[PDB]
> 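Attached: Thyroid hormone receptor beta with liothyronine bound.
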Amino acid sequence: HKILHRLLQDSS
Amino acid sequence: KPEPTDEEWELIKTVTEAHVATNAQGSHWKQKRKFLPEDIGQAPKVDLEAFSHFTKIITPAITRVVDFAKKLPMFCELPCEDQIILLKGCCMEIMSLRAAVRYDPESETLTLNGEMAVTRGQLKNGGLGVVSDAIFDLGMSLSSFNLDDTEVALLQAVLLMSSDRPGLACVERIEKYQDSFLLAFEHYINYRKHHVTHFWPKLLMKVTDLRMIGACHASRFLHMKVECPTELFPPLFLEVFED
Ligand SMILES: N[C@@H](Cc1cc(I)c(Oc2ccc(O)c(I)c2)c(I)c1)C(=O)O
């Protein structure tokens, strides 16, 4: 978890 | 010898578009290369002033690696649990590759993140230890292969898609993904037709060289977590290597 998840989710 | 198929070519064009949009400073790097001061990492263990200067940039480096796999379709067709397992295992592997391919034998220095130029020593004392030699020894070696984006790219995928990482879910699916790239890579190699005897088999050995580097890097991580302040470990850094 945590961030990674964040990076795998951003369209951008 | 045999070459690519209209479909595999298309595969390549992808991987590449990826590695290229996720490789720092592109092929305009040597002009952003800012050599680390001679004094950081010298006459002693570790060397925190360096360990820092290194993790101070290691963050946006991993993100790139993440951004690279995100541009690979075969990747997004996997569970969010595995997509991680992969990142965690191949992150170092893909990073250090990306650096070796940037070893200037004249100056004898790698170029991390496309901004910082470090030396065998620096990198070693910095925390990687024996891995430096290993990462540099790689660089030197590769200078002969003259890998182009595509190649580096493909090599990077072959790593990403390691079906052996532990905890994986969709194993079988992945293995073929890897199988799907390996072939293409080789084919792309034939079109390239490098002037280097008994080839691919050699290139394959490099994959191993890179897996060894990563497998070792983990070990070094633990000492780093003992000989270094938890006050210098960016999260993602920990998020990635921490168990
Ligand atoms: N140059 C690459 C990324 C890249 C960035 C860094 I900081 C590197 O050094 C490390 C890595 C892990 C560590 O624990 C320590 I201490 C130092 C390497 I090797 C590679 C790119 O362009 O993506």
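Chain IDs: alphabetical, in sequence-line order. Going by the PDB entry, the residues shown for chain A are 687-698, listed in order. Here the PDB entry sets the residue numbers for chain B, with the shown residues being 211-254, 263-461 in order. The header says X-ray crystallography, 3.7 Å. Heavy atoms only: backbone and side chains are in, while hydrogens, waters and symmetry mates are out. Just follow the structure's listing: the first ligand is 1, and inside any ligand the first atom is 1.
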> What are the identifiers of all copies of liothyronine in this structure?
ligand 1
> Which other chains show a non-hydrogen atom at a distance under 4.0 Å from liothyronine?
B
> Please name the UniProt domain of chain B that makes most of the contacts with liothyronine.
NR LBD
